[PDB]
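Everything below concerns the one structure shown next.
Chains are designated A, B, ... according to the position of each sequence line. Using the PDB entry numbers, chain A covers 1-264, in order. Note that chain B carries the PDB entry numbering, so the residues on display, from first to last, are 1-264. In listed order, ligands and their atoms are each counted from 1.
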There are 2 protein chains.
Amino acid sequence: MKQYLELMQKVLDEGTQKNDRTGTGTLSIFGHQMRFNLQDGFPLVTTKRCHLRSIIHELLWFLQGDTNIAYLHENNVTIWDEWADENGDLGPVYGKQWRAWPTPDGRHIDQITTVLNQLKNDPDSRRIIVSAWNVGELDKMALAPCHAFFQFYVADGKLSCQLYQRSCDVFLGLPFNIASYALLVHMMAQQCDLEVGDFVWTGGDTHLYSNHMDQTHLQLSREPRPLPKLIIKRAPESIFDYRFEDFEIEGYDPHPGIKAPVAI
Amino acid sequence: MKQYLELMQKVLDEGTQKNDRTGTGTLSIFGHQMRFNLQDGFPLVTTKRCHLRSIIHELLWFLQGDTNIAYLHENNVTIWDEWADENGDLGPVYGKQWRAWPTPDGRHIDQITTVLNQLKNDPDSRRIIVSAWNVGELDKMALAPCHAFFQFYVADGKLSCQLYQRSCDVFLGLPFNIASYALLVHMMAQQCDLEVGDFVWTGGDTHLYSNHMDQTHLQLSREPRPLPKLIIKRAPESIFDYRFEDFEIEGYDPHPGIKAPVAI
Ligand SMILES: C#CCN(Cc1ccc2[nH]c(N)nc(=O)c2c1)c1ccc(C(=O)N[C@@H](CCC(=O)O)C(=O)O)cc1
Ligand SMILES: C#CCN(Cc1ccc2[nH]c(N)nc(=O)c2c1)c1ccc(C(=O)N[C@@H](CCC(=O)O)C(=O)O)cc1
Ligand SMILES: *c1cc(=O)[nH]c(=O)n1[C@H]1C[C@H](O)[C@@H](COP(=O)(O)O)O1
Ligand SMILES: *c1cc(=O)[nH]c(=O)n1[C@H]1C[C@H](O)[C@@H](COP(=O)(O)O)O1
């Protein structure tokens, strides 16, 4: 896509060589913002072939409050294996924080149904937020949240969402992170009888790993194809009731897929 | 200031009419980003005289880990008066969360000490964050954090910071928060012997209150002047020890005044 490709060029043009914990080394920039009107089409990259199967399963799983990868395995999704323990646990990552953020006085807050009650009763608050950034449990998480915090907005009967990504693997992670939040926005908008608006991505440390420059120049030598279209074949009684098969992607004709190694 | 004036017009040009919680009405935009190179001058707005004693005390107030307006009144800062209770309390707002995030198991996490430690021992970290968005104690706050989450980044011996602002009063709050965060950056740079970098500002609900229309018009018609220079008279033995008297600004000759009411 237009936006992602210009971001990729920005990191190359303006990036600085930094060392990272994985020991790989990146080219990185700090702070970037991009916007996608979900009315133009579903933001799934076309310059490389993506797999919706795994984006959809990881999203169903977070909505479930699940943080053990077995579900992921039942479905042939291995994106998280590298970080699970012997039991398949990741610790209290995304799904846990989303659905049961632990308070100091022994409560758990379900952030997802709270955002849904606001959308329904005061679509105008300035506090329609879900955070995965639980400071108190960061130490128990297999990896700290990359997509850390997000806020919903309703203006002309359209639902928008701005995500704050503290850490971004531009090559492997981003295409996946954008496809995922876009699916979410469609999910919520369908629950609320609203139209989809814009998806705003905002980044912290936005980088390209060292072992990814070749794949980066190869991708960049390509012209984006028209954006795919998302179709939902049902309106479930709740956002927690969606099924993998309720979704169809129409008109996706991507350029060939490009392989790159994930960093540690 | 230029980026600052430019956002004021964007709001007038594209803002959506919203019914506010305060019941005041607003012109709003969702998702905005601006960047200030700290090497170019201290970002205090010049299109209106800004009063720095209150910017200074509020921040020293936050780093002390205080939620009582007592300290502030002793320094004549009246800013948080309409929100505190009868004991002068705000609940577990900013200062509290920076300094003593309460885990679910009794303990406290000192996010400013964790940050200083990181800047010193692991400057390449993609996790140098301070979050005031403790979902677990929102209920207990006089008002939910506006300036909600921030991240530090070290690149060529320079120190950058990105703030995520979920709600912004463009006329009244914006200039304040901008100076506040430009100020911490210099304090951390000094205490870490780093160069100042960029201060990146990202907001969510970015708005103009209906009763700030005259003040805005007035403002938009004045010419930005050159940015002051920030001077730190002494080098405290810790970020916990700065003081009103430690900071001097030179080169500031702002335009006269503008008085506007605050939204309750
Ligand atoms: C983000 C995210 C969710 N997740 C989690 C996840 C966990 C840790 C991370 N660590 C690093 N260094 N980069 C990440 O993007 C990353 C992503 C993913 C994990 C792996 C792949 C990956 O290997 N994928 C594809 C290639 C296609 C692509 O790069 O989309 C593959 O099938 O090889 C994608 C997403
Ligand atoms: C953000 C923030 C911190 N705070 C907190 C704060 C809390 C609630 C809010 N409520 C609303 N509706 N808008 C805000 O900007 C706002 C700001 C501030 C509060 C008041 C002023 C203010 O009235 N300023 C005047 C004169 C103040 C003076 O005498 O110095 C001015 O034009 O500066 C500034 C900052
Ligand atoms: C995290 C997972 C995901 O959702 N998206 C991301 O891009 N990643 C990336 C960013 C970075 O390369 C890494 C995490 O490492 P760190 O916590 O920043 O050290 O995975
Ligand atoms: C919050 C305080 C701050 O430091 N910055 C500000 O800009 N404000 C503002 C924004 C908004 O108008 C109001 C808070 O209201 P809400 O919680 O967003 O409804 O004060």
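Most heavy-atom contacts to ligand 2 in this structure come from the chain listed in UniProt as Thymidylate synthase. In this structure, the drug modeled at ligand 2 is CB3717. The chains other than those of the drug that have a heavy atom under 4.0 Å from CB3717 (ligand 2) are B. Of the listed options B:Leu172, B:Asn177, B:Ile258, B:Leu172 places a heavy atom closest to atom 22 (C) of CB3717 (ligand 2).
Looking at B:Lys48 against CB3717 (ligand 2), only its side chain comes within 4.0 Å, counting heavy atoms. Of the listed residues (B:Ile178, B:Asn76, B:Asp169), the one carrying the non-hydrogen atom nearest atom 13 (N) of CB3717 (ligand 2) is B:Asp169. At a 4.0 Å heavy-atom cut-off, CB3717 (ligand 2) does not touch B:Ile264 at all. A heavy atom under 4.0 Å from CB3717 (ligand 2) is present in the following residues that UniProt lists as binding dUMP in chain B: B:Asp169, B:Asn177, B:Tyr209. For chain B, the active-site residue flagged by UniProt that comes closest to CB3717 (ligand 2), at the heavy-atom distance given to 1 Å, is B:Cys146, 6 Å. Protein heavy atoms are absent from the space less than 4.0 angstrom from atom 26 (C) of CB3717 (ligand 2). For CB3717 (ligand 2), the atoms lying closer than 4.0 Å to a non-hydrogen atom of B:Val262 are 10 (N), 11 (C), 13 (N). At a heavy-atom cutoff of 4.0 Å, CB3717 (ligand 2) is contacted by both the backbone and the side chain of B:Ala263.
Note on CB3717 (ligand 2): B:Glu58 sits in its first shell, one or more heavy atoms being nearer than 4.0 Å.
By the definition of a contact as any protein heavy atom under 4.0 Å away, atom 2 (C) of CB3717 (ligand 2) is in contact. Note: no N/O pair closer than 3.5 Å links B:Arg21 and CB3717 (ligand 2) by distance alone. Each of the atoms 30 (O) of CB3717 (ligand 2) lies under 4.0 Å from some heavy atom of B:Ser54. Distances shorter than 4.0 angstrom do not occur between any heavy atom of B:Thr22 and any atom of CB3717 (ligand 2). For B:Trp83, the closest heavy-atom approach to CB3717 (ligand 2) falls below 4.0 Å. Where the criterion is an N or O separation shorter than 3.5 Å, residue side chain and backbone included, B:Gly173 meets it with respect to CB3717 (ligand 2). With the cut-off at 4.0 Å and only heavy atoms counted, the binding site of CB3717 (ligand 2) comes to B:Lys48, B:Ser54, B:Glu58, B:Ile79, B:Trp80, B:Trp83, B:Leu143, B:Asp169, B:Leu172, B:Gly173, B:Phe176, B:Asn177, B:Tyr209, B:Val262, B:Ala263.
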Please tabulate, line by line, the atom pairs linking an N/O of CB3717 (ligand 2) to a protein N/O at a distance below 3.5 Å, with the distance in Å to 0.1, or answer 'none'.
| residue | atom | partner | partner atom | Å |
| --- | --- | --- | --- | --- |
| CB3717 (ligand 2) | 12 (N) | B:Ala263 | O | 2.8 |
| CB3717 (ligand 2) | 13 (N) | B:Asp169 | OD2 | 2.9 |
| CB3717 (ligand 2) | 15 (O) | B:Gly173 | N | 3.3 |

